[PDB]
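Next up: a structure with colchicine.
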Amino acid sequence: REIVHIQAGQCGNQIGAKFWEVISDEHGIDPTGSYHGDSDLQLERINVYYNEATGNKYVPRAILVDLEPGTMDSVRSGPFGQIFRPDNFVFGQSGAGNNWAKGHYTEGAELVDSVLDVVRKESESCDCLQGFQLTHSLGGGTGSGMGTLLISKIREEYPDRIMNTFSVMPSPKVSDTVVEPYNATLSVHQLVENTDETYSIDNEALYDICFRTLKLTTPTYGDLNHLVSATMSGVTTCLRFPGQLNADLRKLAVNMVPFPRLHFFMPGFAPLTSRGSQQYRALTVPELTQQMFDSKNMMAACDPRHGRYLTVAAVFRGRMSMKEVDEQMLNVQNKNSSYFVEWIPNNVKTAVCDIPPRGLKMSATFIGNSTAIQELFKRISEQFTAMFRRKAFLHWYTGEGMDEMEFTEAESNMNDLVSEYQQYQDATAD
Amino acid sequence: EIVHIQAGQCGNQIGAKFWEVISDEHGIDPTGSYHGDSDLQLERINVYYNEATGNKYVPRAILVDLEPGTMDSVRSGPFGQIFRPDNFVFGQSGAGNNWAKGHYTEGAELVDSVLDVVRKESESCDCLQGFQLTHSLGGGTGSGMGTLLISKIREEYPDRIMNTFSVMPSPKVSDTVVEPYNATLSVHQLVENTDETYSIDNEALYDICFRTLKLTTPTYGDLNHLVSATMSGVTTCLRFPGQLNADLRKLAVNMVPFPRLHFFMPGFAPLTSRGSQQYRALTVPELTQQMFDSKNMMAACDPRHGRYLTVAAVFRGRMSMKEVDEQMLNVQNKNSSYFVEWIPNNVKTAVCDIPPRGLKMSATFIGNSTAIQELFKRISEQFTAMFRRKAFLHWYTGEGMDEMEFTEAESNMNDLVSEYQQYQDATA
Amino acid sequence: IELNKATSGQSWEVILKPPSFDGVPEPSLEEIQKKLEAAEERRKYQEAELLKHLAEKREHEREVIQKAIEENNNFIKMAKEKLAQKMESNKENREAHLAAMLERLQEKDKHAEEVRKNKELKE
Amino acid sequence: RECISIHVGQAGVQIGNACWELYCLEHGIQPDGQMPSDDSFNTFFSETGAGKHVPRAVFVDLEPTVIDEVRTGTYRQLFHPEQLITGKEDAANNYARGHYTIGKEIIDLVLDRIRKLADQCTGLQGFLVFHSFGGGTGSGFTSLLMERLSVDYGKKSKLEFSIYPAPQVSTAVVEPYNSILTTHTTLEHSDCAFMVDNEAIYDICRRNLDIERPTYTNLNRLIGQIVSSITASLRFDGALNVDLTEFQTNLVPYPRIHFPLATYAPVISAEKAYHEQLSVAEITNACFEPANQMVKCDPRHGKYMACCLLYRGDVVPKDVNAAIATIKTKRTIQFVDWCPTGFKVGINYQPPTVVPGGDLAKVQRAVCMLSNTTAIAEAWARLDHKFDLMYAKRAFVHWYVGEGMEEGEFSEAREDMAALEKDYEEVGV
Amino acid sequence: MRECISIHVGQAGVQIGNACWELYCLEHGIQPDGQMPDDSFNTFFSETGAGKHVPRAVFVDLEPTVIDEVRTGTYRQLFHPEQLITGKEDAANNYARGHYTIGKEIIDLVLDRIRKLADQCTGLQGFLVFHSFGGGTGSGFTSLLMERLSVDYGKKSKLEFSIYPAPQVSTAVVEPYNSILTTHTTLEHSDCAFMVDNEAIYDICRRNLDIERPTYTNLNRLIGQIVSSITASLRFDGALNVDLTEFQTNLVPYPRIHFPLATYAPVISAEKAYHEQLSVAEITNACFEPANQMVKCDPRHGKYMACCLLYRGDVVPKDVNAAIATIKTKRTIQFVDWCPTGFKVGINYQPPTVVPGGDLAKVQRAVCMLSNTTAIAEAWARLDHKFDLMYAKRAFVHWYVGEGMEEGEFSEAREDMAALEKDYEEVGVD
Ligand SMILES: CC[C@H](C)[C@@H]([C@@H](CC(=O)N1CCC[C@H]1[C@H](OC)[C@@H](C)C(=O)N[C@@H](Cc1ccccc1)C(=O)O)OC)N(C)C(=O)[C@@H](NC(=O)C(C)(C)NC)C(C)C
Ligand SMILES: Nc1nc2c(ncn2[C@@H]2O[C@H](COP(=O)(O)OP(=O)(O)OP(=O)(O)O)[C@@H](O)[C@H]2O)c(=O)[nH]1
Ligand SMILES: Nc1nc2c(ncn2[C@@H]2O[C@H](COP(=O)(O)OP(=O)(O)OP(=O)(O)O)[C@@H](O)[C@H]2O)c(=O)[nH]1
Ligand SMILES: COc1cc2c(c(OC)c1OC)-c1ccc(OC)c(=O)cc1[C@@H](NC(C)=O)CC2
Ligand SMILES: Nc1nc2c(ncn2[C@@H]2O[C@H](COP(=O)(O)OP(=O)(O)O)[C@@H](O)[C@H]2O)c(=O)[nH]1
Ligand SMILES: Nc1nc2c(ncn2[C@@H]2O[C@H](COP(=O)(O)OP(=O)(O)O)[C@@H](O)[C@H]2O)c(=O)[nH]1
Ligand SMILES: [Mg+2]
Ligand SMILES: [Mg+2]
């Protein structure tokens, strides 16, 4: 039934707030929380992400968390901001100084129990808790440290529930913080063991999209978050809207995740639009199909043609022909047959939603479990290794009480994940 | 005095038809009241019908079924009113074409209940002759329960005689696969418990209807019509006062040379079609050869394959007894290879001046031929096909049975064929 | 020749040729009832043997109806017992799965405490 | 002087119905028992306080049907409820059943009606047992009764009236078993048995009376004539065969060979036009032709050992010997060495009585012959072969053994029947 | 008397039950309130003191949705609220949840209601279980229930209506696992099972009803006709024939060989025009066309062990026999040497009835051919191979194991299937 949301850190809260702007609009809710939309479907599954409040108002089941008041203030002073329950804003003033150990161990831990009290409150309000969803940065402190800390601490209390994340991968193309690969690597390990599914939002892809495609010379975060949000409404459509399913996180997980350690998804979207720009002419069903399955439309900088799809789930939005859809969908896999594992029969599922997003007469979301994701992990390991080899910036970590072993362990666990991805990539049915 | 039991769908339909044909031949209307012409009818009425004063005539018939279906057919039927309401003994769990169900599990739960009725009906007899079972050998009730009733009765009335009307299953009429399993189990019981067994063959009843009666789509009505005719014909000497003047025990002692060899080949002349059309009389030699020919035997055997141990033949109506005697002696002279020499004067005639209903001249054969082993070889083969592969046995082992009980029943019936064999090859 | 004369009757011999030869020749109730009784003993004993086999058949009928009853109860026992072991081994299995995954987390919870401890030592 | 007519089985009963029907005619008795206006008739009738003369007869049958037919007919008054004994179920064509099974059951009670019939006797001459040969009732029980009659009333004569089986007549497949089995038992106990081959009577009712398909009634019309022509001199004041012990002498030289051949004349029909009524020479010549023989066998190829010529009605002794003198002139008619070549003629002056409104016709003159011939074994050979075929293959035996008998007895019966067959060989030299 | 209880597990089972029970009302002039203006139908509907005719049915599901659509549906009054059972959390397309984890929490409440329907049975014939092969509820819960009823009701007759998974008709990646585990667990507890290949019901709706993309309603309606046609011999009593349980004796030679193949005919579009009508010989021959098979298989290439024809409408023995003759000449109907070649026939008075505003046209006369062919074993092999592909690499296996299952429960289940496959080879031997 219902989902509890947690946004952590700067990026976490940044992409989180926008998800709430996107989906509240999609559900016919104004910044106060009063429903003022046409369709009865916008409410049919509204309880998934919202709480029914007094005065017939709706309030997001979301917990705002950070170690700096900064972004939480940006959010509050922001558009919907007054929409969230202000008790859920679990904030500290310390800061995490882009240090995993300040988040996971030192500073983070002091706030962690105050956060859990609020998550336990939202879990009690629930009729049937489905699982949890975290939006977080993997290169910072709060998102990477306190994020993974919360995942683990929640996991202790709700081992029965689905732990799903929107993890945003750091690229040097977007951020100068040298220690980001350290923080990335440490967080990936926590994910590989504590999350049922993770959507890999990679700032390398995000930047390259806004630049090479949307031709914005100096892309801001607002420009990148626009893609994150477009994707998020997409990846959560069947979760929110009534269709030909049913509508569950566990159901998605059981089908999309064949091997437990391998729950890292490559999101992708079609069409790619500029932040707040009016759409002119809509795309045909083949255009949507072709685009969606293209490297240039992927939310993670990995070439799907360099690996193999274990599982694929594709969600089409807007009023279109399912026979056209079913024709197109089967063409793709019949021509790209080599990029789909033969040992997972009928691994490409398709959901169609008659409700399109704002300003798009037709959308298409892609969720793939391609072995190609190793490319991203490798990219991080190389980035980590370079610095680790020289024991670079380590006293920022050892100064928080950490160990050089914890670091070597983390590298090793990353390396194993890549080898695991490669094994099934190379695996043949004969 | 004879006590009549009818078991299963087949047995109750067969039985209902005997009871209505004979009701007309005795002048007893569907209510149970004498309206007949000659007092010759009521002379030997005490064999089948009882009194109520009345005068009301109730048939000495006990009705048994493991489901109500058939019982209600009778009840709702024309002559169905004549039966003692307190004589309908039935269950609700049909045994469903399973000998092991009717014979053990389901049947046993209704046997004692039936026996009480026979006990009652036998007490109201000055002296009883024996018993009359009408049943199918391929079903569950008649096949299994009917054989169970015979066994139980044999224990209560050992001295009283066991006469049965046993209809033989054929793949022509009825598609149930298991029929051979039932019949072989049924036959095994009849070999040991009855005294006289009238082997009515559905293979033959169908072929007669088809090839000869020219009935393109033969129904049970048409099949049963021949059976009712023959039943009245084989009971002509019992229910009718003539020079004979005999019974069940006398019939058995004279028809049955050896114990086990008690399965008879019923016959009939002329082969009448349902309702349509009658017209034109038959000569005595036309009647004789018809009746003595395979195209008239209610059993699927060629009599020219074996040898008749003993023959019985009841002629009906106004005919020259001279003419009758004349043709019989001529027949025995011509086909002397197919009659046993070592049993002298083994062909027995009978005449009765009252002609049957509609047709004004009849002939009813009863042969105890070694040829009958052909009806058994058939049954045994159909059994063996399924049995060598242990097919459909689960339905039987589920009812408590063992594979041994099947292995024996076949063995015992194969031994019966080897027994009929001995006298087919034997001379003087 | 003469024999006798009477009221409503008479008689007389009549020889036609003499005989060639002058010479001529060339029960107990105790034992009938002993033999009558003898036949009755036999008839009564073979009927008693017939009675033996008929009652031996009653036994068979009692055996099979019992086999069917026992076969169903052994079946119900097996079904019930297999399911008991199935539902338990399951509970047993799944429980250790969760108890171990909580231990793995509690072990990681141990680690965090020592990092906070290692930072204190460093001051 | 008293004489008990015992009637066992369906034949012996129906046969006993015909005879007492004829006696009541010949003596002038009514079916009520009383008679209006020569004392020798009383050798068969016991008078009551009501002047009614009740027959000295006991009817035995193991099924009610036949005896119940007596208690129905006009002659219902003639007899007492005690003298018409009926069981429940008959022997069902089974000798062994009639003897050991249903026999034992009714024996004592059967002897009581005889006892009480004999407790009314000055001195019983003997008993006349009527019965069939191949009936289960008219074989098994008769033989059982003869066993006890030979004990309980020993030394008193026994005159058997047996009905020999025939295919032309209502015969049963088991009859040859019953026939030999009964003869084996009823051999030592009979003193003189008069066989009646049903085949012979059948032809007689055809060729002469002109009845193609004769009824039992019509066949019994002649059996009463002949049986009455046998008993004639006992019921009247005659000279030839004045007692039962006379036949044992007059016809039985060798004791086992006690089966004389009967013969009667004239066989006459009423539905045929009037003519010149037959002479003594007419009916004496006829008496020798096998056309009127009571039993079917070749007398021409058989060595004789006795002869009688029992006449009736309007005869003259000269005319009688006038026919004897004419037959020895043409035919030889052989005789055994140890036996004298000659008759024992006797004339019972009483007239030939025929049933008023019957098949038979009123005749002034009538004759019957009693002739013991080795030729009578030609019918025992018929029976002995039929027995030998079935018994060879044991066909039907199980039924007899089922009633308590033994295969031991089946052979004992045939061995004795082969020994009796040799007695006709030792004699017919 | 002769009472029959229908149990409907999961989404497929329930939705079919609705198609079934709707038709049943129409079939028996019954109104959706329970009232109605041959007493043989009482075997399926119990009657009350008020005169209402309540079905002898139990509707079960681990999640509420599907059942709630009936509790609010046009037939909210047709059933008892007690007899429509629901859980809160579903089986997440996982047998192990349906069976153990989640089913354990409902089973006793389910069995208790079956007991209360069992009481209203003067003499129960047995149970009819409608379920999917691939649902977590359809697989797990059904097998638990079957096992449980075999203790509760011992050897009492248990019949099945199992929906065989097809790619075109939804399906999920784990469905082979679900279908193989369920076959194995139910195999003993089942006395007879009627397989329904969703592809075939898809193909028929496409080729005959001319529906380009058929709905669940469309399929379920077609299915209901076949199912009703099979059960006609129990809700009706005609002199003509009508006689299940008898078919069942000929159909099942051995206990494991209890899977008849239905070959329903005629399927006619409700917009066919001149159409009226088809002879017995048309409809009989139709049964021998693979295009009409309930399961996609090749019995022209497989030996026969039984053949049953179930006529309904305006059928007369003349043409039936005349038809049977025309077929019985042709050499493609090859029976084995151990069983006869006769065709068991049954005939009804009541013609097939049509649904208000239906996809199908109204036929004067319809037939359903149940047969025991070694060609049904292909459906097993088809499924087994798909299972074999994933199991080889133990794909998705962890979701099962995580719920308390053992790897062996998959070996055992597969070995049993290979035995069932070997057993169908062995049986066709002459
Ligand atoms: C080969 C034997 C079969 C089974 C018969 C017969 C059944 C019958 O007579 N039946 C089936 C119910 C009753 C009966 C029939 O049809 C209403 C009426 C008129 C009748 O004879 N009734 C009796 C009473 C009765 C009722 C129930 C049972 C027996 C008798 C009467 O009114 O006098 O159908 C004509 N038949 C040729 C057939 O055509 C059947 N075909 C077969 O069984 C084949 C395929 C030929 N077997 C290898 C089928 C297509 C109906
Ligand atoms: N002449 C003659 N022979 C008879 C008569 N009744 C029967 N028979 C013959 O007797 C033989 C059979 O014996 P039955 O006396 O009839 O039978 P039963 O066993 O003695 O007596 P039941 O048991 O009452 O039939 C056959 O050869 C018949 O032809 C009759 O009235 N007259
Ligand atoms: N023919 C048909 N197939 C269906 C229907 N509903 C689901 N299916 C099939 O059932 C399978 C999935 O199983 P479900 O019954 O939906 O799932 P469930 O676990 O039993 O039930 P839920 O927990 O409600 O999802 C797939 O193979 C579908 O094709 C239906 O109404 N008709
Ligand atoms: C109750 O009905 C009958 C009873 C019997 C017989 C019989 O066939 C004519 C019947 O009619 C069917 C009978 C049978 C067979 C015989 O030999 C084959 C025989 O010798 C003798 C007979 C019968 N006796 C006579 C003289 O026919 C006695 C038993
Ligand atoms: N797309 C996106 N990336 C962001 C945003 N804010 C920070 N980042 C990324 O997050 C990483 C650092 O995490 P950050 O959120 O600053 O640290 P935290 O506040 O301590 O969790 C870098 O790689 C940045 O690229 C944002 O709003 N959007
Ligand atoms: N001749 C004839 N055979 C019948 C009749 N009814 C059924 N049968 C046959 O009986 C056999 C099966 O026995 P049945 O009467 O159905 O079963 P039961 O009720 O369990 O004794 C088959 O060979 C059928 O062809 C009928 O009335 N007449
Ligand atoms: Mg007798
Ligand atoms: Mg499910």
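Lettering follows sequence order; numbering is per chain, from 1. Hydrogens, waters and symmetry mates are skipped; everything else that's a heavy atom, side chains included, is used. When a ligand or atom number is given, it counts from 1 through the structure's own listing order.
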Location of colchicine: ligand 4
Main partner chain, colchicine, name from the PDB entry: Tubulin beta chain
Heavy-atom contacts under 4.0 Å with colchicine, by chain: B, D
Contact residues, colchicine, heavy atoms 4.0 Å: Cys237(B), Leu238(B), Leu244(B), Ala246(B), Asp247(B), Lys250(B), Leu251(B), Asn254(B), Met255(B), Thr310(B), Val311(B), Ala312(B), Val314(B), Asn346(B), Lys348(B), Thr349(B), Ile366(B), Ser170(D), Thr171(D), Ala172(D), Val173(D)
Chain D - name in entry: Tubulin alpha chain
